[PDB]
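Proteins get letters first, then strands, A, B, ... in listed order; numbering begins at 1 in each. Note that ligands are numbered from 1 as they come in the structure, with each ligand's atoms numbered from 1 the same way.
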Amino acid sequence: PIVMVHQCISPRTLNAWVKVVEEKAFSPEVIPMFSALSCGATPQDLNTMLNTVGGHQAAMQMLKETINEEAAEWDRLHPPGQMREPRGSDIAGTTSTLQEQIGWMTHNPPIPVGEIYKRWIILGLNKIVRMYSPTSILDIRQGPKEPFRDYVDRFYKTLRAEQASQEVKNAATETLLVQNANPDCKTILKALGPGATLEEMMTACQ
Amino acid sequence: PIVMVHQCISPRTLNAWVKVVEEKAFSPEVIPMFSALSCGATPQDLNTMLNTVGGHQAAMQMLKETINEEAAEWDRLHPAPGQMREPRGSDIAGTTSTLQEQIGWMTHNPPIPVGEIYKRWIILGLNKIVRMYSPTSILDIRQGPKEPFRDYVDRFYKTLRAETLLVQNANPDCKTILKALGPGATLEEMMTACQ
Amino acid sequence: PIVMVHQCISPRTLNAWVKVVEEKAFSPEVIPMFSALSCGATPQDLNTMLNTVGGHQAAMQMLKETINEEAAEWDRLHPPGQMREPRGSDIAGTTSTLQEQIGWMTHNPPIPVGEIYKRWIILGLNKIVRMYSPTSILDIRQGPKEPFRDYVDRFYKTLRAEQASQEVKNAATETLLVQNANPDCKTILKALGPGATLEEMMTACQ
Amino acid sequence: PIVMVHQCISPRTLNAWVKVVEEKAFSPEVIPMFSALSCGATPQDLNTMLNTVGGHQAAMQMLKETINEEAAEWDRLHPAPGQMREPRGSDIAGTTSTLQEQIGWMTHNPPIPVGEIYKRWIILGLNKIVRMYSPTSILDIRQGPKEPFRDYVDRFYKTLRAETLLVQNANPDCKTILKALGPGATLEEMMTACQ
Amino acid sequence: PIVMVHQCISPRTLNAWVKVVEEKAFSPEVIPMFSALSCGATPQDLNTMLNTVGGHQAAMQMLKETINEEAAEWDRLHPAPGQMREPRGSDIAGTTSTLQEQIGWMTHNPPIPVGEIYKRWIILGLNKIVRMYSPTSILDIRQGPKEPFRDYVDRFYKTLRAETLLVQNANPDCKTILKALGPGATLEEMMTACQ
Amino acid sequence: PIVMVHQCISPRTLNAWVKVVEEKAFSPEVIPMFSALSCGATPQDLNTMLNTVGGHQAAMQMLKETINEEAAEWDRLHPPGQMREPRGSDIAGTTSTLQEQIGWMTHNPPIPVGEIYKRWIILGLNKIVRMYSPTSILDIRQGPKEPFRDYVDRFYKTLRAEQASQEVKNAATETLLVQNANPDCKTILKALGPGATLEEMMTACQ
Ligand SMILES: CC(C)(C#Cc1ccc(-c2ccc(Cl)c3c(NS(C)(=O)=O)nn(CC(F)(F)F)c23)c([C@H](Cc2cc(F)cc(F)c2)NC(=O)Cn2nc(C(F)(F)F)c3c2C(F)(F)[C@@H]2C[C@H]32)n1)S(C)(=O)=O
Ligand SMILES: CC(C)(C#Cc1ccc(-c2ccc(Cl)c3c(NS(C)(=O)=O)nn(CC(F)(F)F)c23)c([C@H](Cc2cc(F)cc(F)c2)NC(=O)Cn2nc(C(F)(F)F)c3c2C(F)(F)[C@@H]2C[C@H]32)n1)S(C)(=O)=O
Ligand SMILES: CC(C)(C#Cc1ccc(-c2ccc(Cl)c3c(NS(C)(=O)=O)nn(CC(F)(F)F)c23)c([C@H](Cc2cc(F)cc(F)c2)NC(=O)Cn2nc(C(F)(F)F)c3c2C(F)(F)[C@@H]2C[C@H]32)n1)S(C)(=O)=O
Ligand SMILES: CC(C)(C#Cc1ccc(-c2ccc(Cl)c3c(NS(C)(=O)=O)nn(CC(F)(F)F)c23)c([C@H](Cc2cc(F)cc(F)c2)NC(=O)Cn2nc(C(F)(F)F)c3c2C(F)(F)[C@@H]2C[C@H]32)n1)S(C)(=O)=O
Ligand SMILES: CC(C)(C#Cc1ccc(-c2ccc(Cl)c3c(NS(C)(=O)=O)nn(CC(F)(F)F)c23)c([C@H](Cc2cc(F)cc(F)c2)NC(=O)Cn2nc(C(F)(F)F)c3c2C(F)(F)[C@@H]2C[C@H]32)n1)S(C)(=O)=O
Ligand SMILES: CC(C)(C#Cc1ccc(-c2ccc(Cl)c3c(NS(C)(=O)=O)nn(CC(F)(F)F)c23)c([C@H](Cc2cc(F)cc(F)c2)NC(=O)Cn2nc(C(F)(F)F)c3c2C(F)(F)[C@@H]2C[C@H]32)n1)S(C)(=O)=O
């Protein structure tokens, strides 16, 4: 990473990333973990992290195709001894050296190729998280003997993995959460009506 | 975090927070653990920690609604090129502010401590979650007839933690001993007397 | 902690304290562990450590009442832009900010509120260690088939948890150790008489 | 390593490399792990890491023979008191050079990066080892009749990693779905279609 | 410890010492572990490490009595506002000295190294404990008739560690081989001969 | 160690050495582990590391006799307020203080007593690795149903533990490897003839 001087990847940062994917796969928390463990990363560090992912090579190829899509858009938007202009392949670290990546990231002003690449990767990880969610939000309904908290847990766990704006996800919640509570809770919830906080809803259905 | 220069979140700090929620859920010790592990945190760091919470998404939405309540109050109380702008509640929560803006606010002279402000909102929300997930009222904590007094007091204050009654809820044999001490006994004296 | 500048609690120091209490409860070694892990701690750090204690809330309330006792004694002894005088509640961190605690601890000369509070806590932990010792020293007697070393181990393990001066504890040893050895060892021990070292006693009864 | 001053190898860096070979042998992720854990390494550090590999001594001799091939090519391309001498291939590999000579080359103005050069030779050898120890050809990766498409693609690119065909090797039901998409489908579209 | 400025004891240094006593008790390797983990330690640090020893309180009282013996000898050999006072044995052991006094002695020009002095007393006591807890005399270590020579030598020097005889205590078949070598054989020659 | 100022042994370096010997004993990888974990070590650090070795006291006495041999050779070759000349016992740290060892190692120019001692120890460890190898190279022969890679693994594992020059070990390989392959592979190997790489041999016998 760049901390401005270049620094070696630490073994613990690398191991922390491998362990996250091993234990959580592509649960939504992989994205905050990747962003935090990739703080300051060069494109070379980013490629190291992705290359250490064990298995899940279908998702990694999907990630690659997302990167190629974003690099093509970068090239569309941005066609001796001096700083080169980075193309998409440079940002992805396929056609650029570490020395060039350091030069871009530490220049005044910088071309933050590490942050640009990280954005493309996170977009790819968002797609993977959506693709690998085992549930769809229309199928989350409160069981007749499921505590309301357990149902809300399942609801937002599913909604968390979908790829959409926060405002879009909130519309889905207003459309489905109370409506798919079980009969006894749904009537209590509708009696409270809109504007009830989730805290108030959970107290009323406990 | 900011320690003023910005530093990356530490991998151990990150893992420590995930592990605490994994192992203890929302027992009351999650609050001091969060406060200690979020020392110096930016709003981006704070959203990172909260986003790494596995499961418990009902609690996390409740936390989100507490943050929005506090952000709305911030906006009620606090409604140029190259100059520093005034943070809204959404800026403090990190939904409409960049990391550079957060660093700028947090390191300014004088600082707008958006990380500390957001952390206060989060801890208020965590307090609500700890209360919500406590399974028992203090009224229902009563010493069993064969329960050692120390175990009963352990359950009592563990329950109070998440929220004269100690004497009233003791079992008949110990209540008689405790009443004979007279009011004003220390807990150590009560525990010695009913040992 | 203060190391003079303030520094964040480290996750490992915090975890080390939680693990000590988890594994040892209120064995006497909790006190050296707490003192070492709380080196440089502010009252806020000290409250963080105590608040992370899992369970044992009876002891924690007893600790609280010891702190309130000491703070009341501090207040009895010690009734723009300048340094405030700390009351007992300030030292315990209930009515003081971290900024004020840093100010006291780094002042020239300092009001060492962290060390003062730590003293009150350790006094409280000493009480808890005494209260939670499962044995009393009068009940430690060498079995007819217990090796002398095992008996001495049990004797000093019990004496270690009692709350008393070192000179008082040494008086109890002179009163009880040889006297409560089993018949065969007690005669050998008395034959050596006083002034024998524990090394010499253990050789003579092995 | 050199970070320019020479530093001792870290015990965690050392253990991390031993553990990776212990747990994953020569799966393809050994290459990025070696490259990351050998950041800044001298040839002495690199020989230390390789000498700590437990077992797999056939692979290690193959690595040795790759290094000698590259060293011979270096000598083909690049054949005074107190002055700095020109490194041979054996000097870059650390068989005939001292640590002080390696430090001198690596820190000179301009530097002869013997650590980076040796690391390139080693990674070329590790690439050969990864290929040799892959048990399967991509031609033999075909979707089972009850195999979910995602599991098949997982095996496919895991196999390719160590080395239109994806469509041809899919099972009849999915191949029909994939052909109906027309050429040019993204992998995400193929995976959605055969989900 | 002092590294000169005073530093807090490290949590890992602390845990490393507790773990060593937990796992190996008072096998001889406890001595080098204590010496290494007490590098730079003040008398307060040294009392902290010793106070964290779990169990083994008979050994710890023996250690205490050794310290008092050495402290009495110190007082036999070495019997003003703002000035530095002369440390007694109790000051070196940390029973009558403050941390600031210990820091003052240890960092003075020239220093009174009370931490190193106390550490020598402690190691003398630990040596006594290692001897006391060794269960066997070297006279009772003899090679079994089916015991490989290497295992016997392992037991032999492990026993000597805690405290011609090697030849005399070997079994008849190996003793004959060793006598035929003649005196002056290295241990490697003896081990090769009786392999 | 010396990093030029003296520094305490780190607990993790020490634990890493103890764990290596615990898990690997005197497999050949003990030597690179010892050399890396002893980087910068004083003779006192080196004695600390060797003294923490659990068990294996026969090898440790053999190591001691190797050190005494090398120290005797050093003494043969190298018979107020100024720097003392180190004898072999000084280099081994038996008759020298840490202060003297620091003085030698940090002098201008240095007497690198830490590196000298480390050389003697590694020579001793080489002997121990050879002595404790459970196989001899003449006994490594490819089974009739052993994959060629498994046989080569066993061959070089055995050869790795022998104490000899690399050129000597390579002569043993040319003398024995193909010659002790099983009949079917040996004929394929001889058909390729000399100059075949091990990669080519392993492909031809797979
Ligand atoms: C080891 C080291 C020295 C290095 C490097 C290194 C250098 C560059 C690149 C790279 C980066 C971005 C793109 Cl977009 C492409 C590209 N896009 S392209 C031109 O259209 O094919 N190609 N490349 C290879 C390049 F540059 F060589 F051309 C890349 C990689 C990627 C990093 C990566 C890993 C990952 F998991 C997911 C990603 F999105 C990106 N790793 C690979 O690609 C390895 N891989 N191999 C194959 C296959 F076998 F099928 F072919 C497959 C992968 C895969 F990606 F995992 C995915 C399953 C398919 N690593 S290091 C620094 O890590 O120590
Ligand atoms: C990954 C990364 C790059 C980032 C970021 C990032 C950026 C901003 C915000 C955020 C912060 C504060 C508020 Cl108040 C809102 C808000 N309030 S609002 C406008 O009224 O909806 N919205 N946001 C999203 C924003 F900004 F996009 F709008 C936020 C988040 C939160 C952080 C957070 C996590 C948490 F657990 C509890 C919290 F209180 C806050 N995370 C999410 O919200 C994710 N999430 N998604 C849903 C879903 F919609 F599915 F139901 C749900 C959550 C949930 F919160 F967990 C809860 C279960 C419901 N993260 S990073 C820095 O972590 O690396
Ligand atoms: C989370 C965070 C932000 C903070 C803080 C924070 C701030 C202040 C204080 C505090 C400190 C000292 C005293 Cl004397 C009192 C006091 N004495 S009093 C006026 O006479 O009641 N009160 N306080 C609360 C105050 F200040 F709010 F008033 C305190 C605490 C204590 C710290 C503490 C924990 C502990 F284990 C043992 C201690 F001796 C002290 N924690 C609590 O008290 C929590 N607790 N709650 C209850 C109960 F539910 F029964 F009520 C019970 C406890 C308990 F102590 F554990 C014990 C079982 C009984 N923590 S942080 C920095 O940790 O991240
Ligand atoms: C311990 C320490 C102080 C050191 C050093 C040290 C110094 C130099 C070298 C070395 C480096 C490069 C080449 Cl190309 C040759 C070479 N090529 S050659 C002239 O044509 O034979 N020889 N050397 C030995 C040299 F220099 F002595 F000549 C080397 C090694 C290698 C490092 C290495 C390990 C590895 F796994 C794979 C590698 F590619 C390189 N280690 C060995 O070779 C050990 N080894 N032994 C044999 C045996 F002979 F038994 F079959 C075998 C190996 C083996 F390689 F593992 C492989 C299975 C065969 N280590 S340290 C710094 O680690 O602390
Ligand atoms: C907690 C903390 C704040 C502190 C401190 C603190 C301060 C001073 C001392 C101390 C040091 C040296 C000597 Cl010579 C004597 C002494 N010699 S004497 C006058 O002749 O009695 N006395 N002391 C106590 C003093 F100073 F108070 F007087 C000491 C101790 C010792 C440290 C120690 C532990 C150990 F294991 C072995 C040692 F050799 C020394 N610990 C104790 O003695 C505790 N202990 N208690 C008893 C009991 F009485 F129950 F039998 C027993 C012990 C025991 F030693 F373990 C042994 C089994 C017997 N610790 S901290 C810095 O650790 O955070
Ligand atoms: C604890 C501490 C403060 C210290 C120190 C300390 C100081 C010096 C020395 C030492 C160093 C080198 C030589 Cl050559 C001799 C020597 N050679 S000699 C004159 O011809 O006998 N003697 N010494 C002891 C000296 F100096 F005291 F004389 C040494 C040792 C050795 C270090 C060592 C350990 C090891 F494993 C292997 C080694 F090659 C060297 N440790 C011992 O020798 C302990 N030991 N004891 C016996 C026995 F019981 F049989 F006797 C046996 C050993 C043994 F070596 F393990 C081997 C099984 C036989 N340690 S510390 C810094 O570690 O914290």
J.: Quick one: do you know the drug at ligand 4?
T.: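 At ligand 4, it's lenacapavir.
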J.: I'd love to know the main binding partner of lenacapavir (ligand 4) in this entry - how is it named in the PDB entry?
T.: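 The chain with most contacts is HIV-1 capsid.
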J.: Please list, by chain letter, the other chains with any heavy atom under 4.0 Å from lenacapavir (ligand 4).
T.: D, F
J.: Listed by chain and number, which residues of other chains have a heavy atom closer than 4.0 Å to any atom of lenacapavir (ligand 4)?
T.: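 The site of lenacapavir (ligand 4), heavy atoms only, is D:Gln44, D:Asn47, D:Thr48, D:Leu50, D:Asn51, D:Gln57, D:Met60, D:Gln61, D:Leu63, D:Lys64, D:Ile67, D:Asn68, D:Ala93, D:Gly94, D:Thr95, D:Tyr118, F:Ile31, F:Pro32, F:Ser35, F:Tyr156, F:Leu159, F:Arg160, F:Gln166, F:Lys169, F:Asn170.
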J.: Is D:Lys64 in polar range of lenacapavir (ligand 4), meaning some N or O pair under 3.5 Å apart?
T.: yes
J.: Can you find an N/O atom of D:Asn51 closer than 3.5 Å to an N/O atom of lenacapavir (ligand 4)?
T.: yes
J.: Write out the residue and atom name of the closest protein heavy atom to atom 59 (C) of lenacapavir (ligand 4), then the distance separating them to 0.1 Å.
T.: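 Looking at atom 59 (C) of lenacapavir (ligand 4), the protein heavy atom closest to it is D:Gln61 OE1, 3.2 Å.
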J.: Considering non-hydrogen atoms of the protein only, which is the closest contact for atom 20 (O) of lenacapavir (ligand 4), and what is the distance?
T.: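 Among all protein heavy atoms, the one nearest atom 20 (O) of lenacapavir (ligand 4) is D:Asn68 ND2, 2.8 Å.
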J.: Tell me which protein heavy atom sits closest to atom 35 (C) of lenacapavir (ligand 4), plus the residue, atom name and distance to 0.1 Å.
T.: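 Protein heavy atom with the smallest distance to atom 35 (C) of lenacapavir (ligand 4): D:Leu50 CB, 3.6 Å.
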J.: Using a 4.0 Å cut-off to any heavy atom of D:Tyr118, which atoms of lenacapavir (ligand 4) qualify?
T.: 11 (C), 12 (C)
J.: May I ask you to list the atoms of lenacapavir (ligand 4) that are less than 4.0 angstrom from any heavy atom of D:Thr48?
T.: 61 (S), 62 (C), 63 (O), 64 (O)
J.: For lenacapavir (ligand 4), find out whether one of its N or O atoms is nearer than 3.5 Å to an N or O atom of D:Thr95.
T.: no
J.: Would you mind checking which non-hydrogen protein atom is closest to atom 14 (Cl) of lenacapavir (ligand 4), with the distance to 0.1 Å?
T.: D:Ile67 CG2, 3.5 Å
J.: Would you mind listing which atoms of lenacapavir (ligand 4) come within a distance below 4.0 Å of any non-hydrogen atom of F:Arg160?
T.: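 By the 4.0 Å cutoff, the relevant atoms are 44 (C), 45 (N), 46 (N), 50 (F), 56 (F).
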J.: To the nearest 0.1 Å, how far is atom 8 (C) of lenacapavir (ligand 4) from its closest protein heavy atom, and which atom is that?
T.: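 I find the closest protein heavy atom is D:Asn47 ND2, 3.5 Å.
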J.: Among all protein heavy atoms in this structure, tell me which lies nearest to atom 27 (F) of lenacapavir (ligand 4), with the distance rounded to 0.1 Å.
T.: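 Residue, atom and distance for the closest contact: F:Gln166 CB, 3.8 Å.
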J.: Output yes when the distance from some N or O of lenacapavir (ligand 4) to some N or O of F:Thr173 is under 3.5 Å, and no in every other case.
T.: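 In this structure, F:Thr173 places no N or O atom under 3.5 Å from an N or O of lenacapavir (ligand 4).
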J.: Among protein heavy atoms, which lies nearest atom 56 (F) of lenacapavir (ligand 4), and at what distance?
T.: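 Ranking protein heavy atoms by distance from atom 56 (F) of lenacapavir (ligand 4), first comes D:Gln57 OE1, 3.4 Å.
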J.: Identify the closest protein heavy atom to atom 64 (O) of lenacapavir (ligand 4): which residue and atom is it, and at what distance?
T.: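 Looking only at protein heavy atoms, the one closest to atom 64 (O) of lenacapavir (ligand 4) is F:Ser35 OG, 3.4 Å.
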J.: From which organism is chain D, by the entry?
T.: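 Per the PDB entry, it is Human immunodeficiency virus 1.
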J.: Could you tell me whether atom 3 (C) of lenacapavir (ligand 4) has at least one protein heavy atom nearer than 4.0 Å?
T.: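 Answer no: nothing from the protein, no heavy atom, is under 4.0 Å.
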